[PDB]
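Beneath this line is the structure, given in structure tokens, with notes to follow.
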Amino acid sequence: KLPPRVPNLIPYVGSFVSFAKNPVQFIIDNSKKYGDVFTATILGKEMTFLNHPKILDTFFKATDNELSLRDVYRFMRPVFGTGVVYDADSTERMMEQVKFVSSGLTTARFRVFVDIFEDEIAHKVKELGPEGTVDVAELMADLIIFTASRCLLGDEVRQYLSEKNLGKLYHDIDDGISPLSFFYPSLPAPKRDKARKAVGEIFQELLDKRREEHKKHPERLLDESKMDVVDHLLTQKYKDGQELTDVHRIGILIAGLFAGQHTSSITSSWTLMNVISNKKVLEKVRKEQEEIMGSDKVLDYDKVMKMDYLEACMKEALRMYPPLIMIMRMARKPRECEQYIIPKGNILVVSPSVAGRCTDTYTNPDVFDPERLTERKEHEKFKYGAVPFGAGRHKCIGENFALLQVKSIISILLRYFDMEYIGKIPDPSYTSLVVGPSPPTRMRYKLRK
Ligand code: HEM
Ligand SMILES: C[C@@H](c1ncncc1F)[C@](O)(Cn1cncn1)c1ccc(F)cc1F
């Protein structure tokens, strides 16, 4: 059989409307009507949703000529650049470029990354003063924007953030995209395209500076903890021998910073909100924090490794608010799920959000409650029963830096501040590509020494 279709409102538009209102309720809704697998027509596209953790093996283990990423995230191309990652000329090449990123995400570096978080948050505290209120979301994204850039690019980048408005340009790029672009890649976005060029020149300036610093200081290349992604990109070839071009290099740096920022900082936000808005949770985080700092006055990587509870909380926030609510592949060959045959051409879909709220796995799924993971080990039920970082051939290569980043930021913040949130925890806003908390998200903070 072909799977149970979802009745269209209109031909073509199909089921767009109730989907776009709320994509996640839409999938769940119709799960209950038509069970684990169903098809909906959404703006001229056949889209098949795979909803129960059981049947998601064939999805995550398929190959790039069975189930294709490149065919579905290619629209990211005005942002990332041409022939780069998902618009890169082959499966094999895409993977090679990904690795250049991940190759600046090593232990030696992660230790240097924690100084960076300290450093960046020290500056932020002056700019904030002994008390006030502030937006968590703006706050997370401001920090990460600085921490990620220094982490992946090097310290050289700072001055272009401080003296040359580099943050704004990111937004002008990162606002010039949309969940709609999926259906209409060619939609014009002239403010974005002018920024992506503006950022280009700057990254080209950055590579150009870096090339001579490898002349003036060649020892840099032996020290494994001053080797950032620019460095790896300047001294690797592809496996087949061929050099990279700067415009590939630039589109990778950019692809990594995008990855590097939006999912992280939404996750911080969701997390801190739930932590400080629940006294029992916040005791244990502070109990854990205090034991682990002991006599020590600032953070290090060992310490952050040890933060098991704060980590369960981050995870618990990812179960409830994964920022990538839909994972997608295009079928290049017909595919068999359950008793059905999902046709070639279709776009298969899996949703960490729906899974985060599937009641076989998780009990009272609407309650932030890190104990469900640490103690009732609920996530361990099914093998794909918890998927905020994907799984299989394309599982997130950023997972450990993410965790390092969110835990360092929250832990350092709680050192400095008593903080409390201001009203109900918001709902998720389905307006962006990386989903996040509806604004505003306000909190009172007061210093502590
Ligand atoms: C902080 C929360 C994060 C979440 C929830 C997240 C989530 C994901 C997910 C679900 C995927 C799978 C995509 C798919 O299968 O279609 C993925 C892939 C990826 N993520 Fe992340 N990510 C996070 C942070 C990061 C960071 C910090 C980096 C890099 C700095 C990163 C880089 C990537 C890359 C390069 C891939 C592509 C993997 C591949 O093509 O094989 N992510 N991420
Ligand atoms: C394709 C993109 C994405 N995928 C799915 N739904 C919405 C999206 F925006 C994403 O997977 C997000 N991502 C994953 N980890 C961090 N960010 C991604 C991957 C690689 C990359 F180099 C940049 C990048 F955005």
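Chain A uses the PDB entry numbers throughout; the residues present, in order, are 35-483. Counting starts at 1 for both ligands and their atoms, following the listed order. Just so it is clear, the values below take in all heavy atoms, side chains as well, and ignore hydrogens, waters and symmetry mates.
- Found at ligand 2 is the drug voriconazole.
- Contacts with voriconazole are greatest for the chain named in the PDB entry as CYP51, sterol 14alpha-demethylase.
- Inside a 4.0 Å radius of atom 8 (C) of voriconazole there is at least one protein heavy atom.
- Contact annotation for atom 2 (C) of voriconazole: protein absent (non-hydrogen atoms, distance under 4.0 Å).
- Annotation: atom 15 (N) of voriconazole to nearest protein heavy atom, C430 SG, 3.9 Å.
- Look at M362 and you'll find every heavy atom at least 4.0 Å from all atoms of voriconazole.
- Comparing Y120, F109, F114, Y107 against atom 19 (C) of voriconazole, the shortest heavy-atom distance belongs to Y120.
- Nearest to atom 17 (N) of voriconazole among the protein's heavy atoms is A293 CA, 3.2 Å.
- Annotation: atom 12 (C) of voriconazole to nearest protein heavy atom, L358 CD1, 3.7 Å.
- In terms of protein heavy atoms, atom 22 (F) of voriconazole is closest to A289 O, 3.2 Å.
- Under a 4.0 angstrom heavy-atom cut-off, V468 registers as lying outside contact with voriconazole.
- By chain and number, the binding site of voriconazole (heavy atoms under 4.0 Å) reads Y107, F114, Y120, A289, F292, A293, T297, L358, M360, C430, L467.
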